[PDB]
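See below for the structure under consideration.
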Amino acid sequence: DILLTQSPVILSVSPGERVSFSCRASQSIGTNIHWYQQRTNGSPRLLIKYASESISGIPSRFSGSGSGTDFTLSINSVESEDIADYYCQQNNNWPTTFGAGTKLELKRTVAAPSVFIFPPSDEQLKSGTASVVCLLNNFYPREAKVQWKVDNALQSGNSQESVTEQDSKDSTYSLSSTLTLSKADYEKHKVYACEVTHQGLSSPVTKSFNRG
Amino acid sequence: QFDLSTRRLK
Amino acid sequence: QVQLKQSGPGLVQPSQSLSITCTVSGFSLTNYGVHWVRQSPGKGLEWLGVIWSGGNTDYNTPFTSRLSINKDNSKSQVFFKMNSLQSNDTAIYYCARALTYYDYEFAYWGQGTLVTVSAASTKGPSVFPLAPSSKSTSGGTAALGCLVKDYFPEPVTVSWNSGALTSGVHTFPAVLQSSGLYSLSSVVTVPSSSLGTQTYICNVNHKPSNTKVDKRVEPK
């Protein structure tokens, strides 16, 4: 089968900049290459067919060029909604094969997170488990530290984090940190603190509450 | 590497 | 318009078989071939096979023995069946259609079916509220949410107020817990002055376990 090699793995660009995706084939495939966009939680969307031919309903900023083994998908002026993964497909040789994809990340200005904390619900406590959620909302860039503290004891290894994919509208990220305890431990303590560090803050932000 | 939860490369 | 709608996600036991139905509209199976593509962590996008207008099938070389594609033209249904699934067959499975009847440029895709191959049992989530409060309010904006805990397998769908609330919504990617069950939160920010006037409901649908819950989320 033909091997398609896409480079690089990740692109990082600012809005309005031109950007180029590379697809290389293990042997010549003429112009038998198609390009796709995959957005967060989406199916592949066809962008260009046969190296350079346009597709109905695809914005004009998208274009492709190349022949032989070397191909290029271009966006002449990137928008925030272009945040996606990009895949090439060859069909000169059966079976049709796909490249491994290139990720398009967008830069923007630093934005500090808004930090919210949520105690466990009474509903959840009946089940005998306690989840304390710390939310970091709409920030950039992605790197952030969340430190949990229960009555001044530093917590370690009993929390999990999830980070959203980049926002298609404002290019920010959001993060959740969930501290998990038993009901019994949760009732033994008073002060639940979530400390946040990020480049947009001039000092760590702490959100906390007292049980009851 | 493709992530089934988000349908994105991670 | 042209549409492909696949059956719901689900769990398939190892060594057992996978079945997905692709129901099409806006065109006829007698005129177009329907293709099957999957997307895995191990191999990314991978073309599996196709059933042509006249009922002929091609299967990608690694799948000739464990893959059968059949269809019912009058019902506009295409049926995918794969045998002897191992865990690395965990992937999103798509049905697709090309622009022209003989080609391979996939302009129309199904929504995909996340198939998990695992020995475990299906388990529906519990839904707990992430109540808005003073600890989740700044400058007239409140944050609130739903904790969707302890379900298997992926995916779960979450929406707000039956689809009418979409702005400021973040539904976090699920994380696997030590228990081997998944968990996620979905949050939304709203104007705090609407808390006394508007209802906020996360609609949780975990298709693999046929569990639907609407959780009303209130200040405490």
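The first sequence line is chain A, the next is chain B, and the lettering continues from there. The numbers used for chain A are those of the PDB entry, and the residues that appear cover 1-212, in sequence. Per the PDB entry, chain B residues shown: 2-11, in order. Using the PDB entry numbers, chain C covers 1-220, in order. Just so it is clear, the values below take in all heavy atoms, side chains as well, and ignore hydrogens, waters and symmetry mates.
Drug at chains A and C: cetuximab. The chain in largest contact with cetuximab (chains A and C) bears the name, in the PDB entry, of meditope. As for the chains of cetuximab (chains A and C), the most heavy-atom pairs under 4.5 Å with chain B are counted for chain A. Heavy-atom distances place the side chain of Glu165(A), and not its backbone, under 4.5 Å from chain B. Interface residue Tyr87(A): only side-chain heavy atoms are found under 4.5 Å from chain B. For a residue to count as touching a neighbouring chain, one of its non-hydrogen atoms must lie under 4.5 Å from one of that chain's; by this rule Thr164(A) does not touch chain B. The set of residues with a heavy atom less than 4.5 Å from cetuximab (chains A and C) is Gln2(B), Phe3(B), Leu5(B), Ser6(B), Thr7(B), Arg8(B), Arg9(B), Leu10(B). The deposit lists the name of chain C as cetuximab Fab heavy chain.
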